J.: 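Sending over a structure with (11R,12S)-mefloquine; questions below.
Per chain, numbering begins at 1; letters A, B, ... match sequence-line order. We read in the header that X-ray crystallography, 2.3 Å was used to get this structure. Counting starts at 1 for both ligands and their atoms, following the listed order. We show just part of the entry here, counting contacts only within that part. Scope of the values below: all heavy atoms of this structure, side chains included, with no hydrogens, waters or symmetry mates.
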4 protein chains.
Amino acid sequence: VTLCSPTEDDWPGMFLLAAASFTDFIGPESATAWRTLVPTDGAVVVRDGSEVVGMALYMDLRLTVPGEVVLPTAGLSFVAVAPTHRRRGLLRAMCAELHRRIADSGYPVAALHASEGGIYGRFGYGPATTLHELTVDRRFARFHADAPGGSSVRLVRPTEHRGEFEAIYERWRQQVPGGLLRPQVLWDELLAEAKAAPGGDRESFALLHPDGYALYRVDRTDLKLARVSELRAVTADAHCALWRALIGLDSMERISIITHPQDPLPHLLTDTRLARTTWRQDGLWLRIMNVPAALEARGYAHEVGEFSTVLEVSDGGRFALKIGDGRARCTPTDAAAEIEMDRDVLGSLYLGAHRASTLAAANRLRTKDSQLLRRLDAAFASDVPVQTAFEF
Amino acid sequence: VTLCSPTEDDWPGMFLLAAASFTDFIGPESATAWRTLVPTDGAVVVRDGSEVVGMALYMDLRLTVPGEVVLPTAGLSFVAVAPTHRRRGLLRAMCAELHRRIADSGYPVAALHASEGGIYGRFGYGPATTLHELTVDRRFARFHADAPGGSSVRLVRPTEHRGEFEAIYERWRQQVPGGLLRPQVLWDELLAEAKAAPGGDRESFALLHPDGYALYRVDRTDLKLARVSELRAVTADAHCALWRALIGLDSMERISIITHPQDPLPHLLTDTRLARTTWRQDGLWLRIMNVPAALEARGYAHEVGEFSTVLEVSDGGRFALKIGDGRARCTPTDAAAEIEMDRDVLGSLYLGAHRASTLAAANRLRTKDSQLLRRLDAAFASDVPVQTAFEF
Amino acid sequence: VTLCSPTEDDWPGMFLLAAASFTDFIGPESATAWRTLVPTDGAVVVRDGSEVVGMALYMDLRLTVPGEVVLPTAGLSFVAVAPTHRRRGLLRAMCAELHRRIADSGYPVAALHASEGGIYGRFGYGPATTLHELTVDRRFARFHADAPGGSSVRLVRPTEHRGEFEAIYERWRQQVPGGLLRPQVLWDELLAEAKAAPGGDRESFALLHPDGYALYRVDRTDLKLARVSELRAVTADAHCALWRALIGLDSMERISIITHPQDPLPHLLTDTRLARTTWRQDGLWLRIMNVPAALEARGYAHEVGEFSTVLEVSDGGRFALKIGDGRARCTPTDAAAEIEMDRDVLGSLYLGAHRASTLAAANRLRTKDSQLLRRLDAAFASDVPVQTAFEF
Amino acid sequence: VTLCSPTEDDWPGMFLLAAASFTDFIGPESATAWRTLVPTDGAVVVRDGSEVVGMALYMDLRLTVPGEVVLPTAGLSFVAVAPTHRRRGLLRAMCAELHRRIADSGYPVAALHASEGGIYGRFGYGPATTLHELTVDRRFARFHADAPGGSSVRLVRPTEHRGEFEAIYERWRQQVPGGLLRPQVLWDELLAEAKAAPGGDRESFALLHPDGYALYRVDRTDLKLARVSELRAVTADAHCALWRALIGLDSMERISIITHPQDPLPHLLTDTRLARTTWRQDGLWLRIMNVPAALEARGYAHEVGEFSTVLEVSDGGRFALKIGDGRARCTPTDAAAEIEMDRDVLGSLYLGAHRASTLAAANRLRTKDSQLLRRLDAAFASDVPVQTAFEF
Ligand SMILES: O[C@H](c1cc(C(F)(F)F)nc2c(C(F)(F)F)cccc12)[C@@H]1CCCCN1
Ligand SMILES: O[C@H](c1cc(C(F)(F)F)nc2c(C(F)(F)F)cccc12)[C@@H]1CCCCN1
Ligand SMILES: O[C@H](c1cc(C(F)(F)F)nc2c(C(F)(F)F)cccc12)[C@@H]1CCCCN1
Ligand SMILES: O[C@H](c1cc(C(F)(F)F)nc2c(C(F)(F)F)cccc12)[C@@H]1CCCCN1
């Protein structure tokens, strides 16, 4: 039971474990695409001796955090342990080795999407974005008198406007916390999935505005449901225009989208209740690799006045943290801690999705100063609400 | 088609329209209870000539708003138009007359629970609290190592500990935005509903801590589901202790509760995803009757520095609004408006449930200054998350 | 295994078999009511020796047939064979004896409601009315510009307007084919079922017009469904007014009614499709006891010119049938048959629910003359569409 | 926003809007087929400037009406407005232009199948046929002793007997109201849909009689349900023989068919209730383009004696209407109207699906003479029950 970087001879064993572990799994054509994102020592395998019984890798990503700051981010993916080798510590050993390599390589953060919610907390990952599904009964939906755009939107084939989607998405990712650079190879895959599959998904159409797009398709089994796979809007006007067009899908009963908790959609309608929350789940998980580099890198709210505290991360260091004029300075200290929390809690607070006070109520964040808690809450808040870019 | 205060002879016609309009409706024994809360000129009826075809009333309530400030609040309830008299403007005429009486009586706010989401916006009511149902698959739930109370909780009969529930609830309502004084007569009704009904609900039990209680019952049809009707916890320790006891209902598969978006429950567990959001809806709706009295009455966040603006409410006045040291001064002005919004939008922002930026994205709040928007957001935020007291 | 009229000592054994055979079965309080309708020799029981293993009876009823003619009608009911005595010919023997008594007593027709569709055909009964359930999605329902009554309807308690329902129902039954006289004791039972039952049905309300009424209640399990138990309208204006009021049940999603195929409801709306047919079944079954007395008694369409034919009923006689000026003369003959059909087919054609041509296509009605078939079709048609009065 | 006949360059924009608007939509291979049926100026498009945002066309069809008379019929199809251009009057403008062209071209009637029931009434279209789904629990089905054919039916592959289906269908359409000529290109499409699709429908089989055929297939998800796509029988013997064979599908639990209200199937069985009505909906919609040409063209019932009246169609002319010996003469007059109705009501009465009395009860047809109403009812009735040919 040895742990190594894979050789070319290991990859067929990895694709076998992939097919058996992941239901989304196409086959080794999307492998050319995603492999480019994996750097030279970005993968580990466990062999028994001798076949592949475990694998994990990271991709080179670019993540937007509050203040429109873009961090090099190690994106863990393709994580699998053979069903024959459970409870042997393989996941723990693979995560320890990748974290060592990520830290040494100079990444301030790592990120992942979690197949289950109980695994990655113990490895320092905290849920950092929230997926919010809205289902609109569009037969009753009337726009409020105040709603913009009372058309600049066109109904188009996705494949014929790749360049415009690419340009709108690039503008969106730079300005929104949670934003990820989407490389050419993931656009190739997005348009692949957008064409009809025999006994699979129906054709996708696009609604295209100068400052936004929506990709949608009719559900396989339900022909009265349109699923919005993705809506990226750089302006409020674009967002409202796109929703006017989606509510115009007159043959549909329901429009569903996976969005964020602060989606203004409900406020565009005379009946806010028509935008029903049908599902909520953790999106992106963050592990802060380097506490001072992460805390210094992001912007903080300008509204809160300068304050100083001492933050301890459990087995992650203790730091003099000074926050003012929307900037943090974060320096080593042995002075007494005023705030203690595990590494995962800091990742949950990093993009502004979770309030420090809510975590403090659960005892995940500990302080004897309620004023410092209100100050953390306000400082770590995000002006621009955090969204989920794409699963990886 | 005349609109008057009811006489004693009108009340049987009102109870008939009630039975036909409301499915929750017991009969005129809960009528003795709720009638005490209705002040002398707190009810209107519409007669055709000549039976009752429309009715509406308000109750005298006490609502906690941010800063632990308690406002006299007019609670609209028992609103009904006969199915024979729809589209005759009866609701509009009844609301106009009650609002006139409420304003003249000196109430700064009115409140209601909405049977549908598309009605009350046009009468100046904005949804001000959010109901969030969590369903816990308690068979998988393990408490986090950080969770307090790793018992001070007793399993009791509700009827034998009325006094302790009353005392814990009183402490909770005073310290939480959304809190309502619960009068003796609504405690009488709560314990009535807590006893088993033949072909109705199962018996309710209570979990009692010095600083919290939960009322729960097994579902009628589903014997593996326990429904928490109400959990009031004054301390984090009480909340965690009560949830340790609810997760100990070993014969149940699922625990469901209607709570608020900031309920720390998910953070108490090793798998946050086990606390699934199964339902979200508007709770309390607010109509600000007097803008300056409401805006001056509540506390604002101390973290945001002193600022000055001009707020216009559409057909509600224009005001010089100065906010600093957590207090607002709100005075008449004819100076140019920097912020415009309808009366309903102000009610939605009053308890801190909705961000000004989210409403601005929908064009419900209008400003040409993004800095003023961040300042409104931070100032109107609530340190203590807003909760829903009880339906009326 | 003897077949007799019951004695007083037989009735407890009959109520036992009733409880075990019928799920609708209240107990012997509705027995006082229905027993009055049973004439002196109107019941048979089968004893084994020695308990009751079979029973059947008829009631004295008054049935409206085309031409507003009212026939004495023997209504079979309370028919049951013990589960211990199936396949012993008990039903056949009980039906043969009751038919002998009914024929000898001078009834021209017998009638029943069938628990299953495959039993009573072989005893000469044909389905004669059609139950048609409409479910209206009332949230989309808009009345057509042409619809009358663009209120004369009141929302009332059934128990307080018994006399007005009685008077409207009496007018309806006399003018509609399928109409039955409803005696005092069946009004007693109707109002019993109209009050709320603990763990049973919700309270019933009434919509009362000078020329019509609807009884409705909210469904037990579904609180968004109102079930119309009964709507009797003497004029088109009443029918439309009552439906305007039912569509005003704003808290309901759906209104369901068991009506007839020619209910004009769909034509009152801008979208006829909103009145969905959710269920269709046979209502009243007729056995013609005396062919000449039945055929002479009813009115025929005045539009068809005088014609003469020879009708044979299989083991029921052969008759010279002359139809003109809406009257039939029906006299014995040994001349060659031009039309043959079983007794059940004549019952199906008697109230105009089933066309002769449709039965001829199935070979239930046989003729070598297609002109005679068109003539039968037109003559047996009913100006006033046939409806179902009440189950017995 | 201009409205024109499409050019070749418009057709790709039309196929895009088609794919997005219609879920049945194969792609531009069925386009070669259906395009032949579209005459030279039979299509309109709306451009924004500049892409296609709206389209509509008609096909040249041949519709059988009562009296076995075949009318040139303009069949509206491929009607779509882009979801970006709702509420701009595009449908109204496209329908006005096509109606102008259809009227000028000399079509007495237009027809369509409606995606929703609330659209086409306001454009003069009335539902003229009724779709009736029967589901037979074939495990209980026994044929009545009177049922013909107590085999002349063969189980065959559709593709190998195209010529025999074509010949049987041609005989059926000529003799049945609702019948449409089915051109070569729609037979090409029918056999395309009859072969198994990977992840789509199962193979179709045929039951072939000299005077009838049934096409059926096992349902995708339900393997105990056989769906009859089409059953055309020229004789009663063929219809019964085909149903004997379908009831012989011993591996099936249920047989479902979309048929008409007068399908004799239920009468072929000992238990009529086994043929359950699971669904009812409008089939073909008719707009009478020229009232006198339509009313003169069809046959009327010979049973009703000669009568004369004055019919007004709202904005459609007033006419002296004389009906006798199954023929109508329909001439201009300014004499007082005895009957008024909108154009849509006449289309609903044209094929005999809807009675004048039922429409009169809804006030869609207005007269002060009840005798004239009985006369209209009998005269417009159809000897041969109206059926639905095929969707377009
Ligand atoms: O589809 C993504 C993916 C696929 C494949 C493929 F199966 F095509 F070879 N290879 C991936 C790789 C690769 F193995 F390095 F190529 C890295 C990251 C994601 C990959 C994964 C699959 C499961 C978990 C989330 N996305
Ligand atoms: O149960 C509450 C209530 C009941 C009754 C009763 F039906 F017992 F006479 N009366 C109420 C009254 C009363 F009519 F003034 F007594 C006011 C407010 C709420 C009442 C309402 C009923 C429906 C809407 C929300 N709570
Ligand atoms: O409720 C009707 C009914 C009830 C009862 C009762 F159970 F109350 F004694 N007795 C009935 C009688 C009676 F037995 F003669 F009293 C006749 C007809 C219907 C009766 C029946 C019961 C099942 C079949 C249709 N209606
Ligand atoms: O399938 C029928 C149809 C298809 C197509 C196709 F998409 F193949 F090019 N073209 C049609 C045309 C055509 F566009 F003129 F070719 C006319 C009428 C029906 C057509 C339509 C499609 C939706 C509404 C009812 N039948």
J.: For (11R,12S)-mefloquine (ligand 1) in this structure, which bound macromolecule has the most atom pairs within 4.5 Å, going by UniProt?
T.: N-acetyltransferase Eis
J.: By chain letter, what other chains have any heavy atom closer than 4.0 Å to (11R,12S)-mefloquine (ligand 1)?
T.: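 Heavy atoms from other chains: A.
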J.: Do any heavy atoms of A/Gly27 fall under 4.0 Å from (11R,12S)-mefloquine (ligand 1)?
T.: yes
J.: I'm looking at (11R,12S)-mefloquine (ligand 1) in this structure - which UniProt domain of chain A has most of the contacts?
T.: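 Mostly the UniProt domain N-acetyltransferase.
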J.: In the deposited model, where does any covalent bond from (11R,12S)-mefloquine (ligand 1) land (residue and atom)?
T.: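 The entry shows no covalent bond.
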J.: Considering heavy atoms of the protein only, find what lies nearest to atom 14 (F) of (11R,12S)-mefloquine (ligand 1) and give residue, atom and distance to 0.1 Å.
T.: A/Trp11 CZ3, 3.2 Å
J.: Which atoms of (11R,12S)-mefloquine (ligand 1) have any heavy atom of A/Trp34 under 4.0 Å away?
T.: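 Counting atoms of (11R,12S)-mefloquine (ligand 1) from 1, those under 4.0 Å from A/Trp34 are 1 (O), 2 (C), 3 (C), 4 (C), 11 (C), 12 (C), 16 (F), 17 (C), 18 (C), 19 (C), 20 (C).
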J.: In the protein, which heavy atom is nearest to atom 10 (N) of (11R,12S)-mefloquine (ligand 1), and how far is it?
T.: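 Closest protein heavy atom to atom 10 (N) of (11R,12S)-mefloquine (ligand 1): A/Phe78 CE1, 3.4 Å.
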J.: Is the closest heavy-atom distance from A/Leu57 to (11R,12S)-mefloquine (ligand 1) below 4.0 Å?
T.: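 For (11R,12S)-mefloquine (ligand 1), residue contact (heavy atoms, under 4.0 Å) with A/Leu57 is present.
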J.: So if I count the atoms of (11R,12S)-mefloquine (ligand 1) from 1 in the order they appear, which ones are less than 4.0 Å from some heavy atom of A/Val38?
T.: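 Answer for (11R,12S)-mefloquine (ligand 1): 15 (F).
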J.: Hey, which atoms in (11R,12S)-mefloquine (ligand 1) end up nearer than 4.0 Å to a heavy atom of A/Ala31?
T.: 6 (C), 8 (F), 9 (F), 16 (F)
J.: Need the (11R,12S)-mefloquine (ligand 1) atom indices (1-based, order shown) with element for anything under 4.0 Å from a heavy-atom of A/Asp24.
T.: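 Listed by number with element, the hits are 22 (C), 23 (C).
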J.: What atoms of (11R,12S)-mefloquine (ligand 1) come within less than 4.0 Å of a heavy atom belonging to A/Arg35?
T.: 15 (F), 16 (F)
J.: Just need the protein heavy atom nearest to atom 26 (N) of (11R,12S)-mefloquine (ligand 1), so name the residue and atom and give the distance.
T.: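 The protein heavy atom lying closest is A/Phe392 O, 3.7 Å.
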J.: Give, by chain and number, all residues and nucleotides of other chains with a heavy atom within 4.0 Å of (11R,12S)-mefloquine (ligand 1).
T.: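 The heavy-atom site around (11R,12S)-mefloquine (ligand 1) is A/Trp11, A/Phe15, A/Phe22, A/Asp24, A/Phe25, A/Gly27, A/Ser30, A/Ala31, A/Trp34, A/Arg35, A/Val38, A/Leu57, A/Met59, A/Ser77, A/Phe78, A/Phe392.
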